[PDB]
Protein chains: 4
Amino acid sequence: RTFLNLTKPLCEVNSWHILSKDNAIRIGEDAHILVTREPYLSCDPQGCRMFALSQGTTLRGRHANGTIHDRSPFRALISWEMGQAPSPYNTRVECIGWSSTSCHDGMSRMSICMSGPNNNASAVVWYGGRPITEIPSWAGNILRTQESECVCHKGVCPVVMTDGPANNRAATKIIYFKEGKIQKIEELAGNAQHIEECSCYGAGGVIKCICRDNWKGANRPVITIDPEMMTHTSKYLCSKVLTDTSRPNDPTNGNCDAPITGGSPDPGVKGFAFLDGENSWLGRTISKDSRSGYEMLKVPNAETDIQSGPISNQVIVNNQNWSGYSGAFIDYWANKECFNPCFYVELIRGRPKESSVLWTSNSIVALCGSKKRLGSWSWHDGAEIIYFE
Amino acid sequence: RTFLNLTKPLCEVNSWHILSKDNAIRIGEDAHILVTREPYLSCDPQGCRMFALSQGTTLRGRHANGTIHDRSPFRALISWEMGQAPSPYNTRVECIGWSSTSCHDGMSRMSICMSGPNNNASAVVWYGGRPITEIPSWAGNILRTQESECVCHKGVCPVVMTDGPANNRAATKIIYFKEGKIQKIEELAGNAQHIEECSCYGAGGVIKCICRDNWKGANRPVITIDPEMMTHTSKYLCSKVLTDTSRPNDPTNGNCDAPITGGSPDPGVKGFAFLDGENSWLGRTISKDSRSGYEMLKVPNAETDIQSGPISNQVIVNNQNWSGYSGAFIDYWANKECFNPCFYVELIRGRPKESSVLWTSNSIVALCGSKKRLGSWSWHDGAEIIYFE
Amino acid sequence: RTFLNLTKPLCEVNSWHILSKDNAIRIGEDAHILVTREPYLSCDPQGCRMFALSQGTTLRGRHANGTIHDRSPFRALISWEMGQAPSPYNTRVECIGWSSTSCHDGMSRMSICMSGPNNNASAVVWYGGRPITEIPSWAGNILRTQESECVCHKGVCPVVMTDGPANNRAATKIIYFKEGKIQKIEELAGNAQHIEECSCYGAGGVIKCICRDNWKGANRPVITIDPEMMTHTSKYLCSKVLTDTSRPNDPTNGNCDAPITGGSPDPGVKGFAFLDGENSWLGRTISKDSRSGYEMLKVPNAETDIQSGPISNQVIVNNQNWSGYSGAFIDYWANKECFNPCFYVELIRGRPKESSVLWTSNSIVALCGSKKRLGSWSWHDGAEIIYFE
Amino acid sequence: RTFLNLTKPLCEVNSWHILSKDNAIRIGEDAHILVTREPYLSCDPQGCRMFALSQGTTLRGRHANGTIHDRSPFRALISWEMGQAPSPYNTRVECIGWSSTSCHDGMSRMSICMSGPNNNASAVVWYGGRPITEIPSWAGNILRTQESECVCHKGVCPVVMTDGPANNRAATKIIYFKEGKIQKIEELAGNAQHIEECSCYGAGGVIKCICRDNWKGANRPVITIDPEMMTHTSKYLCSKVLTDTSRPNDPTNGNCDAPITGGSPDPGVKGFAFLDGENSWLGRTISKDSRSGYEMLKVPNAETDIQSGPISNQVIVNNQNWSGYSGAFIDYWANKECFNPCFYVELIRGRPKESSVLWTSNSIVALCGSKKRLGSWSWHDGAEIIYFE
Ligand SMILES: *[C@@H]1O[C@H](CO)[C@@H](O[C@@H]2O[C@H](CO)[C@@H](O[C@@H]3O[C@H](CO[C@H]4O[C@H](CO[C@H]5O[C@H](CO)[C@@H](O)[C@H](O)[C@@H]5O)[C@@H](O)[C@H](O[C@H]5O[C@H](CO)[C@@H](O)[C@H](O)[C@@H]5O)[C@@H]4O)[C@@H](O)[C@H](O[C@H]4O[C@H](CO)[C@@H](O)[C@H](O)[C@@H]4O)[C@@H]3O)[C@H](O)[C@H]2NC(C)=O)[C@H](O)[C@H]1NC(C)=O
Ligand SMILES: *[C@@H]1O[C@H](CO)[C@@H](O[C@@H]2O[C@H](CO)[C@@H](O[C@@H]3O[C@H](CO[C@H]4O[C@H](CO[C@H]5O[C@H](CO)[C@@H](O)[C@H](O)[C@@H]5O)[C@@H](O)[C@H](O[C@H]5O[C@H](CO)[C@@H](O)[C@H](O)[C@@H]5O)[C@@H]4O)[C@@H](O)[C@H](O[C@H]4O[C@H](CO)[C@@H](O)[C@H](O)[C@@H]4O)[C@@H]3O)[C@H](O)[C@H]2NC(C)=O)[C@H](O)[C@H]1NC(C)=O
Ligand SMILES: *[C@@H]1O[C@H](CO)[C@@H](O[C@@H]2O[C@H](CO)[C@@H](O[C@@H]3O[C@H](CO[C@H]4O[C@H](CO[C@H]5O[C@H](CO)[C@@H](O)[C@H](O)[C@@H]5O)[C@@H](O)[C@H](O[C@H]5O[C@H](CO)[C@@H](O)[C@H](O)[C@@H]5O)[C@@H]4O)[C@@H](O)[C@H](O)[C@@H]3O)[C@H](O)[C@H]2NC(C)=O)[C@H](O)[C@H]1NC(C)=O
Ligand SMILES: *[C@@H]1O[C@H](CO)[C@@H](O[C@@H]2O[C@H](CO)[C@@H](O[C@@H]3O[C@H](CO[C@H]4O[C@H](CO[C@H]5O[C@H](CO)[C@@H](O)[C@H](O)[C@@H]5O)[C@@H](O)[C@H](O[C@H]5O[C@H](CO)[C@@H](O)[C@H](O)[C@@H]5O)[C@@H]4O)[C@@H](O)[C@H](O)[C@@H]3O)[C@H](O)[C@H]2NC(C)=O)[C@H](O)[C@H]1NC(C)=O
Ligand SMILES: *[C@@H]1O[C@H](CO)[C@@H](O[C@@H]2O[C@H](CO)[C@@H](O)[C@H](O)[C@H]2NC(C)=O)[C@H](O)[C@H]1NC(C)=O
Ligand SMILES: *[C@@H]1O[C@H](CO)[C@@H](O[C@@H]2O[C@H](CO)[C@@H](O)[C@H](O)[C@H]2NC(C)=O)[C@H](O)[C@H]1NC(C)=O
Ligand SMILES: *[C@@H]1O[C@H](CO)[C@@H](O[C@@H]2O[C@H](CO)[C@@H](O)[C@H](O)[C@H]2NC(C)=O)[C@H](O)[C@H]1NC(C)=O
Ligand SMILES: CCC(CC)O[C@@H]1C=C(C(=O)O)C[C@H](N)[C@H]1NC(C)=O
Ligand SMILES: CCC(CC)O[C@@H]1C=C(C(=O)O)C[C@H](N)[C@H]1NC(C)=O
Ligand SMILES: CCC(CC)O[C@@H]1C=C(C(=O)O)C[C@H](N)[C@H]1NC(C)=O
Ligand SMILES: CCC(CC)O[C@@H]1C=C(C(=O)O)C[C@H](N)[C@H]1NC(C)=O
Ligand SMILES: *[C@@H]1O[C@H](CO)[C@@H](O)[C@H](O)[C@H]1NC(C)=O
Ligand SMILES: [Ca+2]
Ligand SMILES: [Ca+2]
Ligand SMILES: [Ca+2]
Ligand SMILES: [Ca+2]
């Protein structure tokens with residue numbers, strides 16, 4: 001039992017295989033399943049777990065009414081065994097709040113939750129199930145973080161947090177933790193103009209965080225982190241293949257160093273990418289307007305080449321079904337010589353796209369890379385909204 | 001593993017961070033959640049757990065009708081993983097009865113329940129999950145105890161118990177346990193005139209229990225116990241900031257050595273304080289009349305100065321929401337050179353304040369100290385009573 | 001871990017303290033609780049568990065209809081953590097069938113279930129969770145066993161089984177198991193004329209089993225087993241305090257060596273006694289006709305003196321409430337120099353006594369000895385049958 | 001822990017004893033039980049577990065409507081503690097998909113699930129709870145596998161898989177795994193003309209797989225695997241006692257090297273046999289047309305002798321009750337000098353035979369061999385379909 005070192009390179013990926021699917025909304029039509037959103041997965045030496053923000057109600061409960069609302073005192077980060085649906089009976093409360101991240105350093109799990117009023121939020125940083133550190137809001141406007149896993153190297157786990165406007169310049173910082181205790185704080189530097197909801201992974205001693213610019217860019221920011229020196233750089237994905245939502249049509253040429261703007265009507269969604277030269281994969285919603293569909297695109301040199309475009313594709317969720325947030329995680333403790341990319345998609349059901357119900361929740365699907373050429377089908381949520389009417 | 005000793009000082013506390021919230025009434029509107037009251041938390045080397053007295057029914061069950069009643073043969077002390085709500089599926093029965101305390105000595109957990117008729121109640125003392133000792137009523141009138149955790153030092157865990165009237169002089173004893181066996185029994189000594197429902201914590205080799213005088217006093221008794229010498233003293237909180245409910249307006253001067261009378265309509269509520277010179281915090285309901293709201297007041301020298309008043313505050317539960325009991329606990333096994341104060345508030349829903357339902361139950365919120373200046377918002381229960389009509 | 005040796009005497013018992021209560025019918029009015037009957041408790045080095053025969057349905061399920069029926073292919077011996085109610089989610093299936101026993105030898109648990117048709121039943125004997133031995137019916141008429149725990153000594157665990165009529169002379173055997181394998185089989189010897197449902201405990205190298213004569217006697221048979229020699233004797237309880245149900249009024253003199261007839265209208269009920277000279281306690285129903293109420297009577301020399309009568313009494317279940325089977329168990333792994341007697345009462349609800357519902361089920365209460373003089377109250381089931389109409 | 005080696009012979013079997021029964025449909029009438037089909041059991045050093053393919057809904061859920069359908073993105077292989085019913089709360093997700101196998105090699109469990117569209121399905125091979133290998137369809141037509149446990153020897157676990165028509169010649173392969181990695185792939189050889197849903201067990205260094213010829217034969221194919229050389233042969237069960245469903249009347253002689261055709265209206269059902277000279281047992285449905293009843297027949301030399309017929313029988317499920325799939329498993333880690341045959345019967349309820357409900361599910365019964373002559377009765381599902389109307 002030792003601190004995780006990000007020594008290994010990323011595995012070659014040619015297609016994506018199914019890892020897990022919880023069918024939460026289908027099950028929760030009758031069983032006692034908690035209302036969630038903002039899910040993710042995170043692993044540790046023993047296996048992987050699902051994580052999400054509970055709304056502190058079940059899906060069939062009367063309190064599901066009004067769960068489109070983002071921030072309340074009734075939310076918490078919960079975790080559970082991968083593949084089960086989240087019930088009041090099988091879920092571990094990691095921390096209390098309405099924005100989270102979590103990662104395992106090889107010894108113990110760090111979980112962070114922000115809570116409080118918009119003008120005076122605070123994070124509590126847990127390690128090994130105990131609270132270690134608290135961090136007050138520095139800009140007085142919804143202190144918040146990744147909504148997917150963080151990554152650790154030799155016990156140091158960088159976390160990206162933002163405080164400030166969601167629709168204008170904000171105050172992002174990279175906080176470097178060890179055993180839950182702040183080792184260093186950096187202000188965001190570089191050419192990314194706005195940072196939300198980073199999706200982060202490690203390979204060859206480098207952590208890359210692929211984020212949501214909610215202010216300008218339909219191209220995604222990328223923060224590159226050295227967890228040994230505890231330093232970073234930022235810019236945008238170079239590729240012309242735009243991967244936020246909403247977004248305009250892909251232009252001739254992307255831009256490494258500035259946002260590519262446009263699209264309607266929404267300013268962003270959490271997303272991810274794996275960036276490894278020829279071995280690069282970008283996720284995005286199929287729709288360039290709405291959180292519908294989900295596709296993986298193999299885009300060689302997406303990180304460096306403004307003319308890069310897709311050479312493969314795999315549909316994860318068909319464009320007749322609702323998607324949601326997406327994020328990266330890796331089973332860093334697999335018995336492999338390489339770290340194999342994995343990702344999840346949040347399958348949002350209910351408001352605001354399905355207004356015949358009073359609630360908003362999600363289910364989860366997760367996939368990992370394969371070097372083989374595997375066939376694909378759509379892993380949509382599967383619930384019938386009529387049954388909830 | 002070793003027996004806990006209380007040699008560490010209390011941590012400096014400048015504000016309170018969220019530790020846990022179970023949202024039990026919201027969840028229990030639809031899921032199978034047990035009806036409880038008299039909750040608390042208690043920790044051990046592995047972590048902290050939630051505790052409460054079940055009523056032996058679920059919240060939506062027909063048998064929730066009538067659960068304002070305090071003492072029945074269907075009640076039990078239950079414990080569960082911190083943050084979950086208490087269901088029939090995730091709860092451990094610690095002991096049977098209708099008044100309890102529990103605490104971990106570093107090796108094993110002691111749990112004590114009282115049961116029986118009013119005139120012939122008895123305690124059963126459990127240690128490591130096995131029954132060790134039984135204690136028959138000495139005064140023939142509802143033998144009872146703290147309703148929050150006890151504290152242990154070098155194997156010795158003092159517990160404060162009362163037997164006798166709730167509205168007149170009663171027979172309080174301090175019973176000193178080791179591995180669930182009585183080491184010594186003391187009658188209450190000193191200037192506290194009536195003792196109920198002590199909230200106790202250790203620091204600096206000293207256990208302080210802040211109690212409820214249900215006879216005359218709107219100021220809270222304080223018992224100070226030396227667990228090495230197995231002796232105690234008692235008096236009242238000196239501060240003019242009165243902390244029982246009901247209470248009169250705060251007077252110009254408190255009284256260290258007599259009850260301050262007044263207040264309407266209720267004789268008392270379980271509460272707590274942390275008393276550490278300048279580093280002193282008093283909890284109380286916001287209402288001076290009713291169990292609504294909850295505030296933390298930093299009252300330097302509350303223990304010693306009749307003129308001591310607040311220098312800061314933090315609303316825990318707004319005064320538009322119901323509160324209930326509150327009590328002290330500490331994670332004495334944290335990785336810290338000091339013991340950090342924690343507390344909970346019982347958020348009572350249903351009767352008698354909400355008589356549109358037939359039941360009485362509660363949810364839990366718990367917070368711990370921070371040296372930082374954290375923002376705050378109200379952590380009220382969050383259930384809509386209309387949904388239960 | 002080591003094999004249990006019955007090296008200690010019984011503890012002195014002056015009164016009985018509450019050990020556990022599951023409130024299963026109150027909870028199972030709304031939560032998913034299995035229909036059961038024939039419960040017991042059994043301990044091991046880690047603590048004690050509850051056991052019962054499930055009916056393979058929940059209480060509120062439609063399949064609860066008709067659960068007065070004793071023997072179906074849907075029944076199983078389930079065990080669960082002491083104090084919880086038995087749900088589909090917290091119960092361990094020990095074995096399949098409609099009559100059982102179970103005991104822990106200090107290394108692993110042996111469980112035995114009988115199943116099959118009346119004329120062709122069979123036992124399966126499990127050890128450490130694996131099936132070891134099978135035993136075919138020898139008399140072609142409902143091969144069956146204790147319905148409470150067995151007892152082990154130096155790895156030898158005797159079990160009493162009957163096969164044959166319930167209303168005439170039957171073929172009872174004592175089978176001595178070690179690690180689930182048969183060591184020896186004895187035909188019943190001595191003066192007991194009919195044996196059902198033995199309740200057994202150990203002390204001082206002797207196992208005593210207090211049974212139900214369903215044929216003739218209102219006095220209970222007593223089998224005395226030597227688990228080292230693997231031999232036994234039998235007779236009846238001597239006391240004039242008759243403890244089966246139904247029974248006649250207590251005569252002025254018992255009978256050590258023949259059944260005392262009389263009683264209407266029930267031929268018997270499972271019960272128990274602790275027999276230890278002056279330290280002897282007899283349980284029975286308060287009603288002499290019906291499974292109503294439950295009392296403990298201290299009857300010095302009940303085992304040897306036909307004139308022995310009660311010197312003290314404790315009501316366990318008042319005679320306005322339903323009782324049921326009762327049986328013995330001991331926490332042989334307690335940290336005491338003596339083995340402390342415990343018992344349980346099955347609190348039967350529904351048919352036949354409560355015919356306004358379609359089901360028959362039970363809850364459990366359990367108590368253990370105290371040397372103190374504890375007060376008592378009634379530990380009845382607590383469910384309101386009207387809520388199930 | 002060490003790799004399992006198939007060193008032991010089969011145990012003599014003269015009758016079958018009950019091992020487990022989950023009563024899932026009875027319980028699931030009211031409790032939250034997943035819809036399933038294609039169940040099995042599989043053991044490991046600690047005991048045995050139940051397995052099945054969930055439909056990603058509860059039985060009383062609205063999503064149970066349409067669960068006759070075989071292949072959806074909402075299915076998964078789930079496992080749970082033997083004898084419990086499968087709920088969302090007690091089931092482990094082994095892998096995602098709509099065809100499976102699993103087996104333990106003595107060190108860890110391998111589980112394999114196929115998912116995807118009919119023309120582009122893929123297997124994912126898990127070991128120790130982590131994905132190891134992926135296998136794309138080779139024939140573009142529902143890559144699929146055993147639907148009961150595989151068997152391992154010295155770390156090598158062969159698995160039979162088919163891809164191609166269900167009603168014509170298909171491409172079957174035997175894939176030999178070690179630690180979830182492919183050691184060798186063989187095309188099916190020998191005289192079996194069509195292979196589906198193999199039921200496999202090991203004894204004396206040989207693995208025997210008794211399968212389903214869904215194209216022609218009402219006699220069952222038998223694949224014999226040498227797990228050290230990683231080679232096999234195939235033919236049919238010799239015996240005139242035909243054991244697929246549907247089937248014609250048993251002919252005067254069977255045929256070891258070609259299918260015996262006929263029967264109406266269905267082309268096959270998954271089944272099993274244990275083949276060990278005299279000590280040979282064949283399962284089959286009692287009906288020759290429908291999945292009704294289930295019987296075990298002792299058919300000496302069924303593997304070699306075309307004139308072999310039954311010398312004994314045991315009814316497992318009477319012919320007034322629905323059966324379903326059946327399969328082999330063995331507790332290879334029992335404390336016996338032989339490996340004792342076990343099997344399960346899938347008890348299918350709902351569509352198509354019970355059209356008054358919208359769903360299809362099942363419960364499980366499992367039995368193992370006994371050398372004794374045990375009595376038997378019918379272990380039918382036991383649910384009342386009227387309660388679901
Ligand atoms: C970001 O978050 C942080 C932390 O969550 C937060 O920090 C707080 O900042 C405020 C100032 O903005 C601090 O407030 C101070 O509180 C001091 C003590 O207040 C309590 O006690 C008062 C005295 O009570 C006694 O006597 C009265 C009158 O006779 C009697 O009613 C009482 O029963 C008792 O006997 C009391 O009046 C006061 O009441 C307020 O709060 C209660 C709930 O507790 C509420 O019910 C009341 O309605 C009322 O709101 C309170 O209970 C106080 O002495 C201090 O006042 C001095 O300084 C101010 C300048 O700020 C002067 O105006 C004043 O003259 C005083 O000399 C001041 O009010 C608070 O302590 C901080 N808390 C912490 C934990 O740091 C920030 O506000 C947040 N930022 C944003 C933008 O939200
Ligand atoms: C605090 O709680 C404790 C714990 O429960 C409690 O302590 C008990 O105190 C009472 C006295 O208050 C003690 O009662 C004694 O019991 C003796 C034995 O009684 C049993 O047997 C009697 C005879 O039974 C046989 O004979 C009759 C024919 O005579 C026949 O019907 C029977 O079938 C049988 O053959 C029997 O009469 C008696 O019945 C009582 O109790 C049963 C429940 O078991 C109930 O259903 C009946 O309605 C009835 O109440 C019982 O079954 C008894 O010998 C003894 O009598 C002497 O003492 C009293 C004074 O106490 C004298 O008045 C009398 O003349 C005798 O000299 C007495 O009844 C009991 O043993 C204590 N138990 C323990 C565990 O200590 C405290 O009272 C509680 N305090 C408060 C304030 O509530
Ligand atoms: C077994 O399943 C396999 C796994 O899914 C499958 O293998 C797949 O085979 C298909 C057909 O051969 C291959 O498709 C090839 O894909 C590349 C990549 O195409 C993607 O990118 C292009 C270009 O996008 C950009 O420019 C367009 C054009 O101007 C803009 O609109 C856009 O915004 C971008 O700037 C895009 O046009 C493609 O569009 C397809 O896919 C999406 C979903 O991702 C649909 O929404 C869309 O309508 C259309 O169907 C696509 O996004 C392409 O260049 C080649 O020409 C070819 O199309 C897959 O790559 C291959 N996948 C893998 C993982 O191997 C097998 O086909 C399947 N077998 C069977 C029998 O079903
Ligand atoms: C305690 O329970 C014991 C456990 O069950 C039980 O012991 C059983 O005792 C019975 C009665 O002695 C024995 O029966 C014997 O069985 C053999 C084999 O019978 C099976 O095979 C024959 C031949 O089948 C083939 O040919 C026929 C006709 O041409 C075809 O129809 C069939 O397809 C085959 O091609 C078959 O006729 C038998 O049919 C019976 O059983 C089936 C269920 O399997 C029913 O559907 C059917 O109606 C009929 O009842 C059977 O399948 C036979 O050859 C002997 O002559 C004799 O019948 C059991 O073998 C024996 N079992 C064991 C495991 O020991 C005890 O009886 C019981 N005690 C009490 C008191 O109940
Ligand atoms: C869902 O929640 C909304 C918001 O609380 C409920 O709408 C309120 O209903 C109350 C009681 O009738 C009104 O007095 C409020 O003014 C309404 N508020 C708003 C914002 O509309 C609605 O009733 C709930 N629906 C259900 C079915 O519970
Ligand atoms: C809640 O509990 C009360 C008390 O048992 C019930 O009130 C009784 O109702 C019974 C049955 O109709 C009447 O005979 C009595 O008049 C009532 N007793 C008292 C003290 O009021 C009430 O019915 C229960 N309510 C529900 C909905 O279960
Ligand atoms: C069960 O599932 C079927 C299939 O989805 C449902 O049938 C549909 O019902 C809707 C609403 O009545 C109709 O618009 C469609 O025409 C039907 N579709 C088909 C394919 O038949 C059926 O309603 C469901 N039944 C229940 C009780 O949920
Ligand atoms: C507050 C800004 C932030 C990022 C743009 O909004 C997020 C957008 C969300 C969204 O676009 O769906 C939902 C998130 N729950 C919300 N985060 C919080 C903490 O409320
Ligand atoms: C019996 C006196 C005691 C302290 C005043 O009453 C308490 C008051 C209560 C209260 O004020 O809410 C509830 C407690 N459940 C009750 N305790 C018992 C054991 O019934
Ligand atoms: C079959 C005789 C036996 C003992 C008299 O009957 C018992 C009586 C019972 C009873 O008196 O309540 C219930 C038991 N479940 C039953 N046992 C079985 C195996 O059916
Ligand atoms: C696809 C052919 C295959 C074997 C003949 O059909 C099976 C028949 C079934 C059956 O006969 O009941 C149900 C199985 N779930 C199905 N398998 C799959 C993967 O769909
Ligand atoms: C108290 O516990 C601490 C930490 O285990 C230990 O170092 C110290 O010696 C203890 N003091 C006493 C007097 O037991
Ligand atoms: Ca954007
Ligand atoms: Ca008071
Ligand atoms: Ca009798
Ligand atoms: Ca066939």
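Throughout, protein chains are lettered first and strands after them, A, B, ... in sequence-line order, and every chain is numbered starting at 1. Determined via X-ray crystallography, 1.6 Å. Just follow the structure's listing: the first ligand is 1, and inside any ligand the first atom is 1. Just so you know, these numbers use all the heavy atoms, side chains as well, and skip hydrogens, waters and symmetry mates.
According to the PDB, the drug located at ligand 8 is oseltamivir carboxylate. Bound to oseltamivir carboxylate (ligand 8) with the most contacts here is the chain that the PDB entry lists as Neuraminidase.
Going by heavy atoms, the other chains that come closer than 4.0 Å to oseltamivir carboxylate (ligand 8) are A. The binding site of oseltamivir carboxylate (ligand 8) (heavy atoms under 4.0 Å) is made of A/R37, A/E38, A/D70, A/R71, A/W98, A/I142, A/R144, A/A166, A/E196, A/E197, A/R212, A/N214, A/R291, A/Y325.
For atom 11 (O) of oseltamivir carboxylate (ligand 8), a protein heavy-atom neighbour is present inside the 4.0 Å cut-off.
Organism of origin for chain A, per the PDB: Influenza A virus (strain A/Duck/England/1/1956 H11N6).
Between A/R144 and oseltamivir carboxylate (ligand 8), no pair of N/O atoms sits closer than 3.5 Å.
At the top of the distance list for atom 9 (C) of oseltamivir carboxylate (ligand 8), counting protein heavy atoms only, stands A/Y325 OH, 2.8 Å.
Looking at A/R37 next to oseltamivir carboxylate (ligand 8), an N or O pair under 3.5 Å apart turns up. Here the heavy atom of the protein found nearest to atom 18 (C) of oseltamivir carboxylate (ligand 8) is A/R71 NH1, 3.8 Å.
Per-residue contacts place A/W98 under 4.0 angstrom from the following atoms of oseltamivir carboxylate (ligand 8) (heavy atoms of the residue considered): 19 (C).
Set against the non-hydrogen atoms of A/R291, the atoms of oseltamivir carboxylate (ligand 8) under 4.0 Å away are 10 (C), 11 (O), 12 (O).
For atom 6 (O) of oseltamivir carboxylate (ligand 8), the nearest protein heavy atom (residue, atom name, distance) is A/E197 OE2, 4.7 Å.
Per UniProt's substrate-binding annotation of chain A, a non-hydrogen atom lies under 4.0 Å from oseltamivir carboxylate (ligand 8) in A/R37, A/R71, A/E196, A/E197, A/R212, A/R291. Less than 4.0 angstrom separates some heavy atom of A/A166 from each of these atoms of oseltamivir carboxylate (ligand 8): 2 (C). For A/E147, no nitrogen or oxygen atom sits less than 3.5 Å from a nitrogen or oxygen atom of oseltamivir carboxylate (ligand 8), counting backbone and side chain alike.
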